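Bound complex of Trehalose synthase/amylase TreS and acarbose.
Here is how names work: the chains are called A, B, and so on, in the same order as the sequence lines, proteins then strands, and each is numbered from 1. These numbers come from the heavy atoms of this one structure, side chains and all, not from hydrogens, waters or symmetry mates. Counting convention: from 1, in listed order, for ligands and their atoms alike.
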Amino acid sequence: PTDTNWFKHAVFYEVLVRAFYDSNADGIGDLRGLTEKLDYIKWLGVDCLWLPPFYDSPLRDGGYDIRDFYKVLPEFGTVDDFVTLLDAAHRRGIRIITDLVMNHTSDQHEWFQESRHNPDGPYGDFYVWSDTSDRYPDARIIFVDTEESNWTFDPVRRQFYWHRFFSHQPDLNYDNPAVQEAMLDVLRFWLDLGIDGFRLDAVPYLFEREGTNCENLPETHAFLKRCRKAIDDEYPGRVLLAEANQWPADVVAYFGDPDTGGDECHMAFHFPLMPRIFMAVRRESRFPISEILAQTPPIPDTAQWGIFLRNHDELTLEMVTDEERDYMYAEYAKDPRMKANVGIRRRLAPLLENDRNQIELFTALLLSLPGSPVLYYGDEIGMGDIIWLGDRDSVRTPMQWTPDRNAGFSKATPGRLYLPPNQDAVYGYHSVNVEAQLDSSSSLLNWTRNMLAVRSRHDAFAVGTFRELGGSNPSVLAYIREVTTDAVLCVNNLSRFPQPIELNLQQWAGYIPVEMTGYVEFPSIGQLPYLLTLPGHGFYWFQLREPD
Amino acid sequence: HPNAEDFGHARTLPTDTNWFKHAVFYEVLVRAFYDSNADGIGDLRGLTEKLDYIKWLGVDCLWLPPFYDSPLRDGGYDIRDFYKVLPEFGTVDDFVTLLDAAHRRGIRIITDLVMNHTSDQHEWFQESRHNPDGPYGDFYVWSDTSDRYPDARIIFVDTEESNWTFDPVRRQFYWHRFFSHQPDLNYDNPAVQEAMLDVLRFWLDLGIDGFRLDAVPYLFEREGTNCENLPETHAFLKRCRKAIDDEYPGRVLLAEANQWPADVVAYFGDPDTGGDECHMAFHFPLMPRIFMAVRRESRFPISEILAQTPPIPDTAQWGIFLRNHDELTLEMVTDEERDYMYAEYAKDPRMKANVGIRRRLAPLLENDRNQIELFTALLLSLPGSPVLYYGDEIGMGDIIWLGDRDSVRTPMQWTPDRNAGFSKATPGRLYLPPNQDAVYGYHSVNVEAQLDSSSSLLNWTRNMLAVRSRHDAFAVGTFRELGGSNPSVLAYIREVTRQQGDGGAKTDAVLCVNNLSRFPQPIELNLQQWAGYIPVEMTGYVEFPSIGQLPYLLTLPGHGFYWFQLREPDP
Ligand SMILES: C[C@H]1O[C@H](O[C@H]2[C@H](O)[C@@H](O)[C@@H](O[C@H]3[C@H](O)[C@@H](O)[C@@H](O)O[C@@H]3CO)O[C@@H]2CO)[C@H](O)[C@@H](O)[C@@H]1N[C@H]1C=C(CO)[C@@H](O)[C@H](O)[C@H]1O
Ligand SMILES: [Ca+2]
Ligand SMILES: [Ca+2]
Ligand SMILES: [Cl-]
Ligand SMILES: [Cl-]
Ligand SMILES: [Cl-]
Ligand SMILES: [Cl-]
Ligand SMILES: [Cl-]
Ligand SMILES: [Cl-]
Ligand SMILES: [Cl-]
Ligand SMILES: [Mg+2]
Ligand SMILES: [Mg+2]
């Protein structure tokens, strides 16, 4: 049932098929397992699942190296299990989007094997081949510590092929019109199955051109317009999300032509948000947050920013920044917490040293700042990570359902699990798990669920305007979200100590602030500045109720 | 009996007749704190080694439950020799060494002393029953029948069939308010009175800073009375206070009288002399009332017991603590006639389940950190001298199956090492085991783990004690409850009467605001008398807007609290 704005009102939940629930005791999470846990997901109150790549893959780069776009990784199930999942989610009002890597395939993909073995055949030009490694010299090597070059010599074809990512991930040749059609057909295949949309990954790198750094080319945007057009024409109500790990000013291009109301991606991610919030709290100053928001350009009214509490892009493990436009550019390296975690994904609780007050503060900001928020699976119970598993796999350990064997994720033997659960005294499944948190109304899980329920009752959080209120105290960030008569006031203390703030709310004189969890009515707003007092790292949400 | 001279003595601190009013006490069991000799049992030498932690924490006086020689049938409240420490704990010499080391750091020590009764293994009782016409013949209360004092209740009614027990050797009944193995001393025998004063003098000569006198309401019995709170009992307490003040100025007597506050006031003595009995007594109903105030999200249960608490002598001070039960009898104080919450405790399922069992703070509050902070804030800011129980500062749990008292007497959890770092002995030799569950176990909850993060409960508690220590109003200030629009919020101001050295933050008034609701609450306060003053929040030192003629609006998160110094305005 089409609702062309659903993505603006959605809370997304990024969940890995491999990690959520193993229904068949092979030690690996699967589609049937995820289907069996949909009642939990509905109960939590999220609106759309975001599944990282689950296609057939040799898994040398986390499944971002795809061997077959048309096939589910066999240990997850088949496309039939995927449709079962889709139907069960839809039946509960939950949508599903997935990652789709557009720039490159695994070298195990049959297209590449045909390209190298049969250069004269129909796949001969499906990839970017050269007698020399000299072309495109201005393109940086993304994985500079691992790849000596963006060109690799193939021993079968005896020419170099191009890859922006690892050598086992050859780039598709988008100047070949058969490649463009083949990739459009991949989109249609999953859309026909009923998927609600895609996050398109690595799209800034589609086209290469001499004289350029081979990112963000106009031909790249042109292909994205084809994708959007195919969606608009054939599957209305579906969504395209861009993964462009760039400064927000540069990302706005990915929404497309403003005069059209946006003709490329419906959404794109605002990557610098979490690094700025993290630094605002470290510095006890609202300015890193105020500034990043104020400097973010307007986007088409059809579009929406995606936001999440992570410091790194999951594809490249890089944190966005900009020498010229980021006033905090040199500051990140001066923070020992940021410095220790460079290039490693970490979960929310570990990022905040398990401080429950800060977890709540960061989560409140995620749920009230402009954009559609993405929650990462397990953050709602305060799961930890295991950094030694890898820069990405750190945060991909099994969902911790119960304090039972394997955290209740699987009936297999522990040695057969795809990755082990946390076992330490702080984050281990004996103390951190869904079951333990279900009872108390004061658990992080129940708190998170309640915050989602509150957010869902106020359209202002999803699509409202954003007005930062300033105020006497630079340690406090206060703002109003407004839709036109749903008006909400959010006040956030970035300081570890109690703070007073006096706000000029004269425009809303007469209005009565009603705090959104206890529904207590606060003193009516007058002509004098309104005094609010917050504990360290505290926050309040108020509905601004019109007078009688 | 040993003769004091035969031992060393601790060096005395400069006498300070009001030290106990400013003190935060720390109740710590010798058996539980630290085992220095790998026998699985905490000891005096071990406690001495841990004085550095105690000093760092910032408490002013240790309160040690009984450590005398005892067969330990009733937790050591059954004393076999008043002049001897239980051998597993060490000797009198070790106690003197502990006292000296504590005194070096400015830390005092008091101990429990049971006045009403001894173990039946005490030699006085063995002599009393074997040799009736000897000098101990009337040291206890003997009778040919079990008919005397019928109006006295049986305290342990589910265990003891009578307050009289027939002795097989003497063939007469002897009286005991507590268990049958704890015969009552006969205070009508002046030799008993002198013997007990001699016990006090023994420990005072060694250098102890005072005593909590246990079971004192039950000293004397008289026909036609319920045998509690008799005039002769109070008269004996005046002797103890007289001996204390004449011979050892600057020491303290605390009364353990588990009674309604209007009734325990008598234990401070004659108000006309400024108080001539105990310097201190416990305000037992405070925690049950705070507990109820939070359960009902209303300030009134707290407001009311405070308002109904009668004034006490100028030299005197209430003791307060976050427990619902007296450790001696495991009873919660109540009063059918005078407690308006009398029937309400039995309606609360948490209160109900824990009847007669000591529980630690974190377990009482289901490990809710915000509530632990709220209750701790109240303990540290309400009138009285507070007692912290060892381990509550790190959020230790308890083990209820160990017994109604032993639940809270498990080893101090120092580290996540073997035996929680309490001992090098094998685990099977520990006097009691540490908590081992996922919530409160020593792998998760221990001092070492909390020392690092400035956001741990330990560091928070230590900072709160530091803040309290720098503001006299918390210790000896007046108490002015402020009312307010919102019944869910308890607000009060505490003030020092000046003199000598005037201002400074140390003597400025303090404002405390406490949210008993689990939801954010506004409160508007009429603080017009403090117009112009600037509230400065005590932990972060942020200046809040100056007080004016309008009501002052403060907003609190669920279960939150603020402490403010009221600073006088610039001229
Ligand atoms: C997020 C919020 O969680 C908690 O709030 C909940 C309660 O503690 C539960 O008892 C439950 O309350 C209700 C009764 O059970 C039900 O009978 C109903 O009719 O009355 C209640 C409905 O108000 O549910 C509560 C939420 O509805 C925790 O207590 C609370 O303080 C936490 N609050 C924060 C959220 C916001 C955003 O509005 C901020 O304003 C706050 O400062 C946060 O602290
Ligand atoms: Ca490319
Ligand atoms: Ca007696
Ligand atoms: Cl996966
Ligand atoms: Cl398939
Ligand atoms: Cl990402
Ligand atoms: Cl991250
Ligand atoms: Cl002991
Ligand atoms: Cl007690
Ligand atoms: Cl208790
Ligand atoms: Mg499986
Ligand atoms: Mg020992």
Worksheet item: In what form does the model contain acarbose: which ligands or which chains?
Response: ligand 1
Discussion item. Mind listing the other chains that have a non-hydrogen atom under 4.0 Å from acarbose?
Written reply: A, B
Item to complete: With heavy atoms of A:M516 as the reference, note each atom of acarbose found under 4.0 Å away.
Response: 38 (O)
Worksheet item: Atoms of acarbose less than 4.0 Å from A:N450 heavy atoms?
Response: 1 (C), 2 (C), 3 (O), 26 (C), 27 (O)
Worksheet item: atom 33 (N) of acarbose: which protein heavy atom is closest, and how many Å away?
Response: A:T517 OG1, 3.2 Å
Worksheet item: What protein heavy atom sits nearest atom 29 (O) of acarbose, and how far off is it?
Response: B:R518 O, 3.3 Å
Worksheet item: With atoms numbered from 1 as shown, which atoms in acarbose lie under 4.0 angstrom from a non-hydrogen atom of A:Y519?
Response: 22 (C), 23 (O)
Discussion item. Heavy-atom distances under 4.0 Å decide this one: backbone, side chain, both or neither, for A:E360 against acarbose?
Written reply: neither
Worksheet entry | Which segment of A:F539 sits under 4.0 Å of acarbose when only heavy atoms are counted | both
Worksheet item: Tell me: protein heavy atom nearest atom 37 (C) of acarbose, and distance?
Response: A:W541 CB, 3.4 Å
Item to complete: Would you mind telling me if acarbose is within reach of the side chain of A:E515, the backbone, both or neither, using heavy atoms under 4.0 Å?
Response: side chain
Worksheet item: For acarbose, which UniProt active-site residue in chain A is nearest, and at how many Å (non-hydrogen atoms, rounded to 1 Å)?
Response: A:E243, 30 Å
Worksheet item: Among protein heavy atoms, which lies nearest atom 5 (O) of acarbose, and at what distance?
Response: B:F519 CE2, 3.5 Å
Practice prompt. Tabulate residues with any non-hydrogen atom nearer than 4.0 Å to acarbose.
Written response: A:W447, A:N450, A:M451, A:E515, A:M516, A:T517, A:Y519, A:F539, A:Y540, A:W541, B:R518, B:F519, B:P520
